[PDB]
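Chain A is numbered as in the PDB entry, which gives 672-845, 852-919 for the residues shown. Counting starts at 1 for both ligands and their atoms, in listed order.
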Amino acid sequence: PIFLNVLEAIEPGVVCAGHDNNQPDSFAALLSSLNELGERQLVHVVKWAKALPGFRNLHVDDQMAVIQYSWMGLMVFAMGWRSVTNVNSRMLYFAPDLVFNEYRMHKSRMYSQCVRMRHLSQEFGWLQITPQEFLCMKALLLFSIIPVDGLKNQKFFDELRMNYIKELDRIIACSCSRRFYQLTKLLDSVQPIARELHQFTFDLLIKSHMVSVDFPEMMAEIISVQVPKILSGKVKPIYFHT
Ligand SMILES: C[C@]12CCC(=O)C[C@@H]1CC[C@@H]1[C@@H]2CC[C@]2(C)[C@@H](O)CC[C@@H]12
(Lines of atoms letter the chains of each structure in order from A and count residues from 1; the text may use other names and numbers.)
(Lines give C-alpha, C1' and ligand atoms only; values in the text may rest on other atoms or scores of the structure.)
Protein backbone atom coordinates (compact mmCIF):
# COMPACT_ATOMS: atom_id res chain seq x y z
CA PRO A 1 0.00 0.00 0.00
CA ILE A 2 2.61 2.54 -1.23
CA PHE A 3 0.23 5.45 -1.56
CA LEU A 4 -1.26 5.11 1.92
CA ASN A 5 2.22 4.61 3.40
CA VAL A 6 3.20 7.99 1.99
CA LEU A 7 0.13 9.87 3.21
CA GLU A 8 0.54 8.44 6.71
CA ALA A 9 4.25 9.18 6.74
CA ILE A 10 3.90 12.81 5.64
CA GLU A 11 0.95 13.75 7.90
CA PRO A 12 1.93 16.89 9.92
CA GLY A 13 2.42 16.79 13.70
CA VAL A 14 0.79 19.01 16.35
CA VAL A 15 0.89 22.82 15.88
CA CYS A 16 0.20 25.32 18.71
CA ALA A 17 -1.32 28.81 18.29
CA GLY A 18 0.72 30.34 21.15
CA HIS A 19 -2.49 31.74 22.68
CA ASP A 20 -2.59 33.03 26.26
CA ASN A 21 -5.42 31.02 27.84
CA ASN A 22 -4.86 32.71 31.21
CA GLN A 23 -6.31 35.97 29.89
CA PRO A 24 -10.06 36.79 29.45
CA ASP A 25 -11.27 35.90 25.92
CA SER A 26 -11.43 38.91 23.63
CA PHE A 27 -12.42 39.00 19.97
CA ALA A 28 -9.05 40.63 19.16
CA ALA A 29 -7.03 38.07 21.14
CA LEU A 30 -8.90 34.98 19.84
CA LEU A 31 -8.75 36.11 16.21
CA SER A 32 -5.06 37.21 16.40
CA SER A 33 -4.34 33.75 17.80
CA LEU A 34 -6.27 32.03 15.01
CA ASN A 35 -4.31 34.12 12.50
CA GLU A 36 -1.00 33.17 14.06
CA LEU A 37 -2.12 29.51 14.00
CA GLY A 38 -3.04 29.89 10.34
CA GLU A 39 0.47 31.21 9.58
CA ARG A 40 2.14 28.34 11.46
CA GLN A 41 -0.04 25.69 9.83
CA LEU A 42 0.59 27.19 6.37
CA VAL A 43 4.31 26.38 6.81
CA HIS A 44 3.34 22.77 7.60
CA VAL A 45 0.77 22.57 4.72
CA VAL A 46 3.42 23.73 2.21
CA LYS A 47 5.94 21.06 3.31
CA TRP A 48 3.13 18.45 3.38
CA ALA A 49 1.88 19.30 -0.15
CA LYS A 50 5.37 19.25 -1.65
CA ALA A 51 5.88 15.71 -0.32
CA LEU A 52 2.62 14.42 -1.82
CA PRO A 53 2.93 11.77 -4.58
CA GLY A 54 3.01 13.45 -7.98
CA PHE A 55 2.96 17.05 -6.64
CA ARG A 56 6.36 17.97 -8.13
CA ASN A 57 4.86 17.04 -11.54
CA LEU A 58 3.00 20.42 -11.49
CA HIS A 59 4.55 23.62 -12.78
CA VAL A 60 6.14 25.57 -9.89
CA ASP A 61 3.51 28.26 -10.34
CA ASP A 62 0.64 25.76 -10.14
CA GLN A 63 2.23 24.22 -7.02
CA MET A 64 2.09 27.60 -5.35
CA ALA A 65 -1.37 28.41 -6.67
CA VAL A 66 -3.07 25.20 -5.57
CA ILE A 67 -1.72 25.70 -2.01
CA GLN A 68 -2.80 29.35 -1.83
CA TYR A 69 -6.32 28.50 -3.00
CA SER A 70 -6.80 25.33 -0.95
CA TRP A 71 -5.25 26.04 2.43
CA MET A 72 -8.48 27.15 4.12
CA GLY A 73 -10.33 24.00 3.11
CA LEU A 74 -7.39 21.80 4.03
CA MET A 75 -6.90 23.35 7.46
CA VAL A 76 -10.60 23.22 8.26
CA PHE A 77 -10.82 19.57 7.22
CA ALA A 78 -7.82 18.68 9.46
CA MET A 79 -9.29 20.73 12.28
CA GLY A 80 -12.56 18.82 12.01
CA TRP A 81 -10.61 15.56 12.22
CA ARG A 82 -8.68 16.67 15.29
CA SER A 83 -12.01 17.67 16.81
CA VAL A 84 -13.66 14.26 16.50
CA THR A 85 -10.40 12.69 17.66
CA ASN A 86 -9.70 14.77 20.77
CA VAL A 87 -12.79 16.56 22.03
CA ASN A 88 -16.50 16.15 21.84
CA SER A 89 -18.18 18.21 19.18
CA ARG A 90 -19.64 20.91 20.88
CA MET A 91 -15.98 21.92 20.62
CA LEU A 92 -13.50 22.92 17.93
CA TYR A 93 -9.91 21.81 18.46
CA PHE A 94 -7.95 24.44 16.51
CA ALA A 95 -4.77 23.67 18.53
CA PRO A 96 -3.96 22.20 22.02
CA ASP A 97 -3.81 25.75 23.35
CA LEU A 98 -6.79 26.97 21.27
CA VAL A 99 -9.95 24.94 21.82
CA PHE A 100 -13.24 26.74 21.16
CA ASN A 101 -16.24 26.08 23.39
CA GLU A 102 -19.57 27.77 22.60
CA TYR A 103 -18.58 30.81 24.58
CA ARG A 104 -15.50 31.26 22.38
CA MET A 105 -17.50 30.57 19.23
CA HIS A 106 -19.61 33.57 20.27
CA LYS A 107 -16.80 35.92 21.30
CA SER A 108 -14.91 35.24 18.02
CA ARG A 109 -17.98 36.64 16.23
CA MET A 110 -17.81 33.53 14.05
CA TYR A 111 -20.61 31.64 15.66
CA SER A 112 -22.41 30.55 12.49
CA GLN A 113 -19.15 29.64 10.70
CA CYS A 114 -18.16 27.62 13.78
CA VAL A 115 -21.51 25.83 13.65
CA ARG A 116 -20.71 24.77 10.09
CA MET A 117 -17.23 23.51 11.05
CA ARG A 118 -18.63 21.54 13.98
CA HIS A 119 -21.21 19.98 11.69
CA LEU A 120 -18.30 18.78 9.57
CA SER A 121 -16.52 17.41 12.64
CA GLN A 122 -19.73 15.57 13.62
CA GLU A 123 -20.07 14.16 10.11
CA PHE A 124 -16.72 12.44 10.46
CA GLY A 125 -18.23 10.66 13.50
CA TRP A 126 -21.58 9.81 11.89
CA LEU A 127 -20.02 8.51 8.67
CA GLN A 128 -17.42 6.59 10.70
CA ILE A 129 -14.64 8.00 8.49
CA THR A 130 -11.52 5.81 8.87
CA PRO A 131 -8.09 7.51 9.38
CA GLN A 132 -7.17 6.32 5.86
CA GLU A 133 -10.32 7.72 4.23
CA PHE A 134 -9.54 10.96 6.05
CA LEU A 135 -5.96 11.04 4.69
CA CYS A 136 -6.98 10.42 1.07
CA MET A 137 -9.82 12.93 1.21
CA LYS A 138 -7.50 15.56 2.62
CA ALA A 139 -5.05 14.93 -0.24
CA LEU A 140 -7.98 15.33 -2.70
CA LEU A 141 -8.87 18.64 -1.08
CA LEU A 142 -5.58 20.16 -2.23
CA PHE A 143 -6.68 19.51 -5.82
CA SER A 144 -10.23 20.76 -5.56
CA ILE A 145 -9.99 24.51 -6.35
CA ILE A 146 -8.57 26.12 -9.53
CA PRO A 147 -8.78 29.34 -11.67
CA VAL A 148 -11.57 29.18 -14.24
CA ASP A 149 -8.97 30.36 -16.83
CA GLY A 150 -6.99 27.18 -16.09
CA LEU A 151 -3.57 26.57 -14.49
CA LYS A 152 -0.20 26.85 -16.33
CA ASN A 153 -0.28 23.10 -16.93
CA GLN A 154 -3.92 22.15 -16.47
CA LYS A 155 -3.26 18.77 -18.12
CA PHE A 156 -0.88 17.56 -15.38
CA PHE A 157 -3.28 18.88 -12.74
CA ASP A 158 -6.25 16.98 -14.20
CA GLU A 159 -4.13 13.81 -14.22
CA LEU A 160 -2.93 14.35 -10.67
CA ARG A 161 -6.52 14.86 -9.48
CA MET A 162 -7.72 11.78 -11.35
CA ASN A 163 -5.07 9.67 -9.61
CA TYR A 164 -6.07 10.93 -6.14
CA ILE A 165 -9.68 10.15 -6.98
CA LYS A 166 -8.69 6.59 -7.99
CA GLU A 167 -6.78 6.32 -4.69
CA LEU A 168 -9.87 7.28 -2.66
CA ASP A 169 -11.91 4.71 -4.60
CA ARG A 170 -9.32 1.95 -3.83
CA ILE A 171 -9.27 2.82 -0.12
CA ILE A 172 -13.07 2.44 -0.20
CA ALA A 173 -13.07 -0.69 -2.32
CA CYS A 174 -10.56 -2.68 -0.26
CA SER A 175 -22.52 -0.38 -1.49
CA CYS A 176 -18.92 0.66 -2.33
CA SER A 177 -20.76 3.20 -4.48
CA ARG A 178 -22.84 4.25 -1.48
CA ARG A 179 -19.62 4.90 0.43
CA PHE A 180 -17.95 6.78 -2.44
CA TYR A 181 -21.14 8.80 -2.78
CA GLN A 182 -21.11 9.71 0.91
CA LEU A 183 -17.45 10.71 0.93
CA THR A 184 -17.76 12.86 -2.21
CA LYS A 185 -20.73 14.68 -0.63
CA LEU A 186 -18.67 15.22 2.49
CA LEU A 187 -15.75 16.62 0.45
CA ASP A 188 -18.11 18.97 -1.42
CA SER A 189 -19.47 20.19 1.95
CA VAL A 190 -16.03 21.55 2.85
CA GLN A 191 -16.29 24.16 0.06
CA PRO A 192 -19.24 26.30 1.38
CA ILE A 193 -17.50 26.31 4.78
CA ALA A 194 -14.22 27.50 3.25
CA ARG A 195 -16.12 30.14 1.24
CA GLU A 196 -17.76 31.58 4.39
CA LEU A 197 -14.40 31.61 6.17
CA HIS A 198 -12.75 33.31 3.19
CA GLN A 199 -15.41 36.04 3.27
CA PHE A 200 -14.99 36.39 7.00
CA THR A 201 -11.19 36.64 6.96
CA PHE A 202 -11.32 39.03 4.00
CA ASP A 203 -13.70 41.36 5.86
CA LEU A 204 -11.56 41.09 8.96
CA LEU A 205 -8.39 41.94 7.05
CA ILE A 206 -10.02 45.09 5.65
CA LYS A 207 -11.20 46.23 9.09
CA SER A 208 -8.22 44.71 10.95
CA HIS A 209 -6.49 47.81 12.28
CA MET A 210 -9.85 49.12 13.54
CA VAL A 211 -10.50 46.02 15.64
CA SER A 212 -6.90 45.42 16.73
CA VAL A 213 -6.51 42.02 15.01
CA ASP A 214 -2.95 41.15 13.91
CA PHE A 215 -2.43 39.43 10.57
CA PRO A 216 1.08 37.90 10.12
CA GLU A 217 2.64 39.00 6.86
CA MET A 218 2.13 35.80 4.86
CA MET A 219 -1.54 35.65 5.91
CA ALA A 220 -2.16 39.28 4.91
CA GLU A 221 -0.55 38.65 1.52
CA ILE A 222 -2.62 35.58 0.65
CA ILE A 223 -5.86 37.07 1.92
CA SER A 224 -5.39 40.25 -0.14
CA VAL A 225 -4.05 38.70 -3.36
CA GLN A 226 -5.48 35.18 -3.61
CA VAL A 227 -8.62 35.02 -1.42
CA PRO A 228 -10.32 37.85 -3.48
CA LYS A 229 -9.89 35.76 -6.65
CA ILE A 230 -12.02 33.10 -5.00
CA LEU A 231 -14.63 35.52 -3.71
CA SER A 232 -14.84 37.27 -7.09
CA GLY A 233 -15.33 33.88 -8.78
CA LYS A 234 -12.06 33.88 -10.78
CA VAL A 235 -11.07 30.80 -8.77
CA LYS A 236 -13.75 28.17 -8.08
CA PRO A 237 -14.06 24.84 -6.21
CA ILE A 238 -14.42 21.60 -8.16
CA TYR A 239 -17.59 19.98 -6.81
CA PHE A 240 -18.38 16.29 -7.34
CA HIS A 241 -22.16 16.83 -7.29
CA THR A 242 -24.18 19.72 -8.78
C1 LIG B 1 -7.41 28.19 9.16
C2 LIG B 1 -7.72 28.52 10.63
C3 LIG B 1 -6.47 28.19 11.47
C4 LIG B 1 -6.12 26.69 11.37
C5 LIG B 1 -7.28 25.83 11.78
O6 LIG B 1 -7.14 24.96 12.61
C7 LIG B 1 -8.61 26.14 11.13
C8 LIG B 1 -8.90 27.64 11.16
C9 LIG B 1 -10.27 28.01 10.57
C10 LIG B 1 -10.56 29.49 10.87
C11 LIG B 1 -9.46 30.39 10.29
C12 LIG B 1 -8.06 30.03 10.82
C13 LIG B 1 -6.96 31.00 10.33
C14 LIG B 1 -7.31 32.47 10.64
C15 LIG B 1 -8.66 32.80 10.03
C16 LIG B 1 -8.60 32.74 8.49
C17 LIG B 1 -9.26 34.13 10.52
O18 LIG B 1 -8.73 35.29 9.91
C19 LIG B 1 -10.77 33.99 10.32
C20 LIG B 1 -11.04 32.48 10.16
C21 LIG B 1 -9.71 31.85 10.62
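Structurally, the main neighbour of ligand 1 is the chain that the PDB entry identifies as Androgen receptor. The drug or drug candidate found at ligand 1 is dihydrotestosterone.
Considering backbone and side-chain N/O of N706, one or more are found under 3.5 Å from N/O of dihydrotestosterone. Under the 4.0 Å distance rule, the nearest protein heavy atom to atom 16 (C) of dihydrotestosterone falls inside the cut-off.
Of the protein's non-hydrogen atoms, the one nearest atom 7 (C) of dihydrotestosterone is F765 CD2, 3.8 Å. When only non-hydrogen protein atoms are considered, atom 11 (C) of dihydrotestosterone lies nearest to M743 SD, 4.3 Å.
Of the protein's non-hydrogen atoms, the one nearest atom 6 (O) of dihydrotestosterone is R753 NH2, 3.0 Å. Distance remark: protein heavy atom not present below 4.0 angstrom from atom 21 (C) of dihydrotestosterone. The protein atom (non-hydrogen) at minimum distance from atom 4 (C) of dihydrotestosterone is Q712 OE1, 3.4 Å.
Closest to atom 13 (C) of dihydrotestosterone, if we only count protein heavy atoms, is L705 O, 3.4 Å.
The shortest contact between atom 1 (C) of dihydrotestosterone and any protein heavy atom is with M746 SD, 3.6 Å. In this structure, chain A contacts dihydrotestosterone chiefly via UniProt domain NR LBD. Summary of contacts: the protein heavy atom closest to atom 19 (C) of dihydrotestosterone is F877 CD2, 3.8 Å.
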